[PDB]
Structures are given as C-alpha cells and as structure tokens.
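Down below is the structure, laid out as structure tokens.
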Amino acid sequence: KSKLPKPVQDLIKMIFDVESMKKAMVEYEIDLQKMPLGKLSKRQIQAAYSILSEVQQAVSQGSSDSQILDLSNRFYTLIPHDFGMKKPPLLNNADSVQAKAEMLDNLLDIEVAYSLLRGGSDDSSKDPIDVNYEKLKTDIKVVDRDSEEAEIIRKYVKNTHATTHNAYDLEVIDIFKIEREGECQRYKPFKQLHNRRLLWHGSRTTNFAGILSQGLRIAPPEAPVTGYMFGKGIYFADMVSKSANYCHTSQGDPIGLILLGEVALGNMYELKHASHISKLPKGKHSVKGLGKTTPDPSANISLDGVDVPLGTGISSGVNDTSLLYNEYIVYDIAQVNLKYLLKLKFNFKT
Ligand SMILES: CCc1cc2ncc(CN3CCN(c4ccc(C(=O)NC)nc4)CC3)cc2[nH]c1=O
C-alpha cells in the first residue's frame, strides 16, 4: 500500500482513469468501435493534422463545398467519427478546422497517458498508484495550507475570477508543488530573463498524465498554424477563470486541474488581433495578446523572484481589441517551468 499523501494518490487515480479518457473521446464524437484508445497513434494524429492543413488551404482559397468534400472526407477516414450510416458534417470553414485542430491537440496528450499505462511492467506486489506516480517522472508534494506560498496562490485564485465567467465559482481543494525531471536544467538559459511571470494554464483532467510526463508542448509541424489565434505556441492567462474554462468541467464532472507555470516572457510582442505566426519577430521572446481587462499592476507581488499578477481586474486602457482578457504565448517549450498544480472544485450557479 502506497505511503504517498492521500491528495497525491487521488490526483494519480484521476489522471490515469481510462474511463475518463474514453469519455473525452466520445465528447469529440470519435467512433470508439473504429478508433479505440488503444489504436490512437502519433502518426495517425499527425496525418489528420496534415489533412486539416489541406482543408484550410482549400477554404482560404475560396473552394466550393463540392470541391472541399473530398478533403473533409479524408479527415474522417483518418479519425473515424460516430455518425452511423449518415454523411458526416462538412469541414468547409475556419471554425470547423480550428475545432478539429483543438481535438487533435488533446488526442496527443491522451495518447501519451495511455502509452504510459501500457508500456511498463506489471507487478501485483506494488500499489498501482505508486507504479503510476513513478511514470510521471515528477516530484509532487502537497503545499501546506497555512504556508506563505499557499496564501499567495489562494489570493491569485480569489482575485482573478472574471465577472464574465460568473456561471461558476472556484474552490481550491489541493495545492501541489511540482518538479518535472530535467525541466529546471532545460529552463536555465531563461531563469534570469526579465519579465518572468507566474501564469495559469488549464487543461482537461485527461491531459495531465501527458503534461506531467512530457511538459507543456506545442502542436506539431503538421498542425495548421491558422487553427490557433496566435499560432502554434504554449498559451497562458493571468485570470484564473480564463484558464479554468479550458478544464471543461460540468455539473456531471465538477473537479478540474489547473497549472501555475513560471513563464520567461522577456520582450513581449503585443497584439490585439489574430496573428497566425510561425516564428517571433527578431528580439521578441513571447506574444502578449492585449486584453480589455488586466489584473491591477500595482498589486503585483513576488514569489521566489517571479512576478505574480494577482490584482483584481481593471481596465487595461487598450482599445479595439479582440480580447476581453490577456493571454501570453511562448514559442519555445524551454521558456516554461511548471511550479504548481491545483485541484479545483467548480461550483456551478446555473
Ligand atoms: C489562454 C489560456 C489557456 C489556453 C489554452 N489553449 C489550449 C489548451 C489545450 N491544449 C493545448 C496544447 N495541447 C497539446 C498537447 C500535446 C501536444 C504535442 O504532443 N505536441 C508535439 N501539443 C499540444 C493539449 C491541449 C489549453 C489552454 N489552457 C489555458 O489556460
């Protein structure tokens, strides 16, 4: 029987749950009889991204519905969807391509989780919770509720829930301090960069075995750059609720997981609207999508030399922006050092 703290054991059980992975695939309208969890592979996902790229080239060039049909059908051949004996919906627009690119990004983390469960050894004398914990190659410690770091984190949660995200409220259940093996070494060139910020990154519970094992990653070269607002990078928010929406929790599944990462932003490339960029302009280290609302800059505090933007939301003074709240994007995976993982209870008001 595991000697791991009970919150850590509950975390491992949550993230390695196979029925949750199947549920996530059904939510995507994936046909599990044709493409079960076990048959998902990086080469099939990468091929589907390439087809999505072809569909997008065809839509941006103003092709007809009759022209696009063959391209759209190719995507469904690679990733079989649950439509029985009916014609699947046509992928003939930017929105349809973006939704599919987002689904494939998730499949990449689901594939990692399942490959970890299937690729090791079987020993009945060991607690499977300890076996699965070791597969993450991440030290996970419970942060003491009465500590200085816990007070800072709870204040960040309490102060940055947007009024426009008021259909639910958040309750912090557990705060974990995380250290992925090799991440500190990888982060070393960026450890003293200016503008290092502690930012949020939400994801579905089914992504976390992938995130803890492999870290936050960028969609592969096959992925269409136009399927993401600021291109292919790692996206973060300074408002807890903006990132909590990416957990995709519901009344039927109200427990989510959210990360706090130290992000080396350096010289920010400030943008108000979509820019499907491949690379950053010379001298820039990140993109800052300018929101209408920002946490109050005078309330910014420091936690182990990193800026924590935990002030309540105020007007940024930015006009004519596509964004209600800020977002930060890095285009090199080495610019992120994951620090904390929070288990949240979503209390739905609807
Ligand atoms: C503005 C705040 C914000 C934005 C946000 N945007 C997207 C996502 C979804 N997430 C993107 C990365 N994704 C990949 C998985 C594997 C690979 C891989 O294996 N690549 C090689 N790549 C990509 C998994 C799905 C979550 C988000 N959370 C937030 O808080």
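If you read the sequence from its start, that first residue is 1, and numbering goes on from there. Below, all heavy atoms of this structure are taken into account, side chains as well, without hydrogens, waters or symmetry copies. In listed order, ligands and their atoms are each counted from 1.
At ligand 1, of the options cefamandole, tegoprazan, saruparib, devazepide, tavapadon, the drug present is saruparib. Per the PDB entry, the macromolecule in most contact with saruparib is Poly [ADP-ribose] polymerase 1. Protein heavy atom at the shortest distance from atom 29 (C) of saruparib is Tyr246 CD1, 3.5 Å. Using a 4.0 Å cut-off between heavy atoms, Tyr235 contacts saruparib through both its backbone and its side chain. For a threshold of 3.5 Å applied to N or O pairs, the pair formed by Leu108 and saruparib contains no separation below that value. When heavy-atom distances to saruparib are checked against a 4.0 Å cut-off, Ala219 comes that close only through its backbone atoms N, CA, C and O. Close N/O approach between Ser203 and saruparib is not found [any backbone or side-chain N/O within under 3.5 Å]. Residues of chain A near saruparib cluster mainly in the UniProt domain PARP catalytic.
Taking distance alone, with nitrogen or oxygen atoms compared against 3.5 Å, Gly202 approaches saruparib more closely than that limit. As for UniProt NAD(+)-binding residues in chain A, a heavy atom under 4.0 Å from saruparib is present in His201, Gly202, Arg217, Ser243. For atom 25 (C) of saruparib, the closest heavy atom belonging to the protein is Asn106 OD1, 3.4 Å. For saruparib, the closest UniProt active-site residue in chain A and the least heavy-atom distance to 1 Å are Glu327, 4 Å. Contacts between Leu216 and saruparib, counted as non-hydrogen atom pairs separated by less than 4.0 Å, are absent for every part of the residue.
In this structure, the binding site of saruparib at 4.0 Å (heavy atoms) is formed by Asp105, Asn106, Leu108, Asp109, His201, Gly202, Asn207, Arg217, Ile218, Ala219, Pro220, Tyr235, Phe236, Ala237, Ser243, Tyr246.
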Check saruparib for close polar pairs with the protein: N or O on both sides, less than 3.5 Å.
| unit_1 | atom_1 | unit_2 | atom_2 | d |
| --- | --- | --- | --- | --- |
| saruparib | 19 (O) | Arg217 | NE | 3.3 |
| saruparib | 19 (O) | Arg217 | NH1 | 3.2 |
| saruparib | 19 (O) | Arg217 | NH2 | 3.4 |
| saruparib | 20 (N) | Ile218 | O | 2.9 |
| saruparib | 28 (N) | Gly202 | O | 2.8 |
| saruparib | 30 (O) | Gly202 | N | 2.8 |
| saruparib | 30 (O) | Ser243 | OG | 2.8 |

